[PDB]
Amino acid sequence: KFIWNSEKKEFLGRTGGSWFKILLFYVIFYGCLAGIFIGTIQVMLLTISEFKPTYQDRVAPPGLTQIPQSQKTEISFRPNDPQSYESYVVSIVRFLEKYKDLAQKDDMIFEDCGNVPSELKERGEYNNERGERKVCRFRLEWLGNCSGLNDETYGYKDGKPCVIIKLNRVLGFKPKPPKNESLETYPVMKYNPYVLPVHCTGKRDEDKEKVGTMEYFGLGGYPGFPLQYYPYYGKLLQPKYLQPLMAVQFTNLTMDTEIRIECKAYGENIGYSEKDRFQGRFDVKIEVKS
Amino acid sequence: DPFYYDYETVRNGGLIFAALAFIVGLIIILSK
Amino acid sequence: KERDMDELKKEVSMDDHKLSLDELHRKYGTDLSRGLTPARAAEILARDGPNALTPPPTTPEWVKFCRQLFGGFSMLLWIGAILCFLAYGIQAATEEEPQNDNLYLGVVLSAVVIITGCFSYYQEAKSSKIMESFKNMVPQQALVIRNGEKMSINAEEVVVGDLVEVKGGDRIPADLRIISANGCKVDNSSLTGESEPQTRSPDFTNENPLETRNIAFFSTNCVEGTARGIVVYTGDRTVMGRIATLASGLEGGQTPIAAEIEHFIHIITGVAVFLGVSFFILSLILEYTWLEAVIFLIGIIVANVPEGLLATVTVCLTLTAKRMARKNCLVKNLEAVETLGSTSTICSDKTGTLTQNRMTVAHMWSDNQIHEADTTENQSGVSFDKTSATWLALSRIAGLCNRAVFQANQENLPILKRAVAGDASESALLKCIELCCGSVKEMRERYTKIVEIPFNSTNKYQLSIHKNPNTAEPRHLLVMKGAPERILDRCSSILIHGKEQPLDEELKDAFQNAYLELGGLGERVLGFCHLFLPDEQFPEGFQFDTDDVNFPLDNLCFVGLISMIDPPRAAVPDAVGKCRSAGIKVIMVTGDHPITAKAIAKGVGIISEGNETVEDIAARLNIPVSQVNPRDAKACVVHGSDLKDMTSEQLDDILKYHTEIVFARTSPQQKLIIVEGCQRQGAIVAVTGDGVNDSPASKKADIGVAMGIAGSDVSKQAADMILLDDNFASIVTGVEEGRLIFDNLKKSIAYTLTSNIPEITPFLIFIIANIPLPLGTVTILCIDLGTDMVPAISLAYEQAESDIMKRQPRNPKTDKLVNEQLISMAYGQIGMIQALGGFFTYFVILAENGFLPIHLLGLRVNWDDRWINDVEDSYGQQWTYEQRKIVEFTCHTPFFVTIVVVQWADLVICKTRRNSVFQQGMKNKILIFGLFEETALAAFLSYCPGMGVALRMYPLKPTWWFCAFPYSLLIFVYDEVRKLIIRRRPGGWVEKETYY
Ligand SMILES: C[C@H]1O[C@@H](O[C@H]2[C@@H](O)C[C@H](O[C@H]3[C@@H](O)C[C@H](O[C@H]4CC[C@@]5(C)[C@H](CC[C@@H]6[C@@H]5C[C@@H](O)[C@]5(C)[C@@H](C7=CC(=O)OC7)CC[C@]65O)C4)O[C@@H]3C)O[C@@H]2C)C[C@H](O)[C@@H]1O
Ligand SMILES: *[C@@H]1O[C@H](CO)[C@@H](O[C@@H]2O[C@H](CO)[C@@H](O)[C@H](O)[C@H]2NC(C)=O)[C@H](O)[C@H]1NC(C)=O
Ligand SMILES: CC(C)CCC[C@@H](C)[C@H]1CC[C@H]2[C@@H]3CC=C4C[C@@H](O)CC[C@]4(C)[C@H]3CC[C@]12C
Ligand SMILES: CC(C)CCC[C@@H](C)[C@H]1CC[C@H]2[C@@H]3CC=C4C[C@@H](O)CC[C@]4(C)[C@H]3CC[C@]12C
Ligand SMILES: OC[C@H]1O[C@@](CO)(O[C@H]2O[C@H](CO)[C@@H](O)[C@H](O)[C@H]2O)[C@@H](O)[C@@H]1O
Ligand SMILES: OC[C@H]1O[C@@](CO)(O[C@H]2O[C@H](CO)[C@@H](O)[C@H](O)[C@H]2O)[C@@H](O)[C@@H]1O
Ligand SMILES: *[C@@H]1O[C@H](CO)[C@@H](O)[C@H](O)[C@H]1NC(C)=O
Ligand SMILES: [Mg+2]
Ligand SMILES: [Mg+2]
Ligand SMILES: [Mg+2]
């Protein structure tokens, strides 16, 4: 006493006569609770579509992303040290490892689309009435001087920085480029009908530190995403689906100073959030120090 | 487009509800 | 070495009181007639200290605020906050979110502690204030005699051993040894507990200085007569000063409710550290570094702490205390509101507590028959038959011969509680006649008093003669009152129904046995007689003086007897009846004389009819008192003389083997010893009292109870509860209230404790299965302190599920506030169903937005990564940080809403511990409003504009609201059939395992 009750005649600490009763009760109880839970979760799983998600409204303004996703939006590396840029280089290697020409062999599941940006490819409806959909090919040659096949870079910006921008995948999304009536979109090509444009700037709307020269690699040479790869039909209907990529090389920059870069994708189907810096737009800080 | 939701309407509904529920609660605690 | 001091203070006192006055003055160095010299007086006055008590040693500063800030529970919240701050400090090892999370939490905990502390402090402060309004100290200047001259000086300037004169109405300045007296009755009522005024004389009477007549006492008022004495004791050295200092120096002891809460805390922290440790081990067993594992430990442990329960409990107690105050029952301390409900023994004082401490007419003798008068304060009793002429004659006798008259300002006042200038008996008689027979004003001035004889030093007969108001007989009327035996010696004729008679030994001894019966009843009896005069022999112009025998003092006409006693308060007997009915043992503890004590005891129901004391048995059987076996006696009157020679085992035995007990002639220290003796049995003791003799008792008791008006100041300071209206029946209400608020507390507790399973579990399986965090910190706070508050308070307004005053007092060791079964319900069963409901809503929302539950596993690593902006759902889509995070936070809001939804059912089922909800029912309005306001609040937080910006809470897509519903319904049905089976099978397995 008061407490030493651990064991005596006859109870196991605390009171051990009926322990089987209560343990059995909680096994039954928690078992039934688990069962009920799995039941509710099962009807819930009955109410979700196998093809399209029940709510798309959260991803509505798709985002712009970079290959070498950095610790915080920043590539800082030495042009000399091989181990300096190795992380970025490897990230790129594995990223585009999916895009190689021998990676798409099959004419069964792959389809060769235009060498020039083309109208959107609509395939049936989103049900399974039609078979597994073909996927339009993307050849790494569409990006020159950045991971183009064997020949060069290959230091992958080693001399001067370059980053590929990608558009976020959204099922059913059909990008509408800005009208030919477009308001002050800055230098850009006349391929506005079938391409979704992207452009980069040092600082957003205010005074800039601006130092840069940017060369863009698109499909056929146009700084944007070809509409022919849209809409995306989802992982089930289109596994091994390859989405468009577009390269941006910074040739001319001040080496030992860090500057910032924002890349905006323009369109009506496109939107931007001020709280989400990766929504509709893009941010990267780059310092190449030697 | 599926990418638009009416959040403002649902918002309004919830707020209207909050008002009604609360003032009804107030009717309840005052029984005269 | 104050232990020894208080050890000397718990011992009964001694004195020098028995001395030849020669030896007295020889010792004290004083003249008996002349007192002492002014020089000597001023010499002694500055030698030790002025005559007064040292002001109460307790003068805690408003810094006592800090007291409210700690306790045992606030402590739990303190260490909670400290742990939080420590966790954030450990999270200063990196760039970290808790700027909105852990720091927030700790600060909030601190805020709860501080605020609740402020509230409770303000309440107790308020009670202290309303108590301060009640203190009035009027300086009463003592009358001394120095250098032969009478001088009236401030009582504080009185020294040891100088001559003091006290008069009628004068309060005794310091402790005196009476050298001389004339007709002097001092009132010892508050100090020694003696009911009727005790006469004081030079002569030594009793060995115990408290009962002796040659000592007068500090703080006691002299009722009548005059006396001279030498001062034995001054200031703190006096009797009531020693009593007061003992009272100030005792210990409060831990209140029962506080202990229950302590134990409760032990439970909570028990499961807290079990979960925390076991999951610390578990976390290390997988991956996370000692850093993360520690953060998780602190996280879980703190998570198990009920922040809002402090508020809800404090508010609960405060509400009950509010009602108490409404009934004119004030509680000095906040937690003392419960104690009555836990009390198995009530030690009560007799005079001023159980009784009115006011001499009052009880029974009257008319036509050889006893008629009981109405002895109640409010006149709620039965009036006798006043139609008889004998009563008229008697009433005129009592009314006309007195020194008693109402004072100037008593008109509007009730005839009883109003003040009167005169003797005890004369006051009682005056009030009685003014009550029953009409006014004594025009009645006493109707007959004109010619020559009166005031009470004689010997034989104490008091007579007066008046003229005749009647229109028939112009005879002179003579009236006399006095002790029954002497007036029996002087009377011959007896009156019946308006016509006279001589005395025959049959009805003469009927009168004798009626006098001995009323006298044995505890009452004090007075013979009342009158005689007409032979106006032929004593003409209308004859002036009779007090010299020779003018009137025939013999052959008078004896009318009847009028007896009087201090009656119990009107509400008392019923109250004691209820307390006995509730299973509370009532013990009378008084310093009064045994003969009256036993009578009052039988009157108020402490000693029931038919129950015999050892002495009753001895008397009935005509046997020596020592013979009879004490086991045969259920009731006992324990004499205080014996109580001095008694040991621990002996007192234990007396308390054990006697059901109805009365301790009489007991010193205050012995009251303390009796209380401590009942506490040695391990039982909760409440003490009710009036005077200073109850100061050490009321202090030592688990709960003391004073009388707001009839109670003295010291005992009022010592009490944990005050009765402002002086209604004893309140005690009953008390033990009801405290016994109810217990049950409700459980419910409230249960409710809040149920919420901690669905609150903690999200962060648990967040660590385990590595899913995105289902429930945030802000949301958890919006449940604990946001919503559940109004329901948890509303649970306090729950009513009695059965008759509570029927059931026996709880056992402190067995029955607990928060025990095994409660935890096994809240944590084990209901809270689990709640958690499942929450996670269900979570998966509904996340699955509908494209992340299927099975895919959510291990995702958090990349999910909580700010810089991964391509994140694949089950449909192949790529989410940024803020998007999927917005979904997680719009998964927090519905988890919170779901908590509210299941807390509906939990609130309705926590409403009743036993009864089905269709019995006890929804008649609670505050509960209804609780539900409405709760739901409305949740809906607001969800849908108010900018809440996602502020609290990071987003508008619920409305169908989300229905995900929790079937789980709530399940909770309700389950606990309803549980509270069905418990009703049907009170064996019982469900009752033993669950019912709490
Ligand atoms: C070198 C590599 O280092 C790499 O650093 C890592 C390592 O340091 C590992 C490090 O682990 C985190 C991670 O597990 C996330 C994990 O985050 C969780 C723990 C801390 C929480 C703040 C947070 C939100 C809920 C919150 C807990 C803390 C608790 O105290 C609560 C206040 C508690 C409450 C009490 C109450 O009453 O109400 C609720 C229960 C739940 C709670 O509300 C969740 O907190 C842990 C500390 O995450 C860092 C990123 C980075 C790169 O990879 C780099 O290459
Ligand atoms: C990418 O880099 C190569 C360098 O290897 C460029 O070829 C150089 O092009 C410049 C003109 O811009 C010529 O003056 C040099 O003589 C070329 N050198 C070599 C070794 O080819 C190539 O034109 C660049 N292409 C793009 C699309 O940027
Ligand atoms: C009535 C009881 C005892 C039997 C079982 C019926 C249960 C499993 C039913 C009753 C209410 C139902 C839910 C109501 C809310 C909707 C939200 C919707 O967006 C997906 C399905 C979901 C989540 C339902 C699934 C099944 C549900 C939870
Ligand atoms: C007895 C039971 C059913 C009590 C529960 C009341 C339920 C049915 C109430 C309480 C909260 C309510 C909701 C509050 C928020 C609004 C938002 C509005 O835009 C659509 C409906 C909706 C979602 C309400 C529907 C009804 C609702 C879910
Ligand atoms: O079941 C609780 C619920 O019942 C009400 C009304 O339905 O009262 C019912 O039960 C009472 C028993 O005390 C009786 O008045 C009667 O049986 C019936 O009215 C409400 O008081 C309460 O909300
Ligand atoms: O239960 C049907 C009821 O809910 C509503 C909103 O009032 O549902 C709307 O919001 C839900 C949020 O999950 C959606 O599931 C639903 O598709 C949407 O219409 C109404 O539909 C209906 O009155
Ligand atoms: C590149 O930048 C350098 C200095 O910043 C400048 O001198 C040079 O002319 C630029 N090259 C162009 C404009 O082709
Ligand atoms: Mg106390
Ligand atoms: Mg008393
Ligand atoms: Mg909680």
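Each chain is given a letter, A onward, matching its sequence line's place in the list. Using the numbering of the PDB entry, the residues shown for chain A are 14-303, in order. Throughout, chain B uses the PDB entry numbering, with the displayed residues spanning 17-48 in order. Per the PDB entry, chain C residues shown: 21-1016, in order. Determined via X-ray crystallography, 4.0 Å. Whatever order the structure lists them in is the order used to number ligands and atoms, beginning at 1.
- Drug at ligand 1 (options ziritaxestat, digoxin, Taxol): digoxin.
- Counting heavy-atom pairs under 4.5 Å, the chain with the largest count for digoxin is, by its name in UniProt, Sodium/potassium-transporting ATPase subunit alpha-1.
- Other chains having non-hydrogen atoms less than 4.0 Å from digoxin: C.
- The UniProt transmembrane segments of chain C, numbered from the N terminus, that have a heavy atom under 4.0 Å from digoxin are 2, 4, 5, 6.
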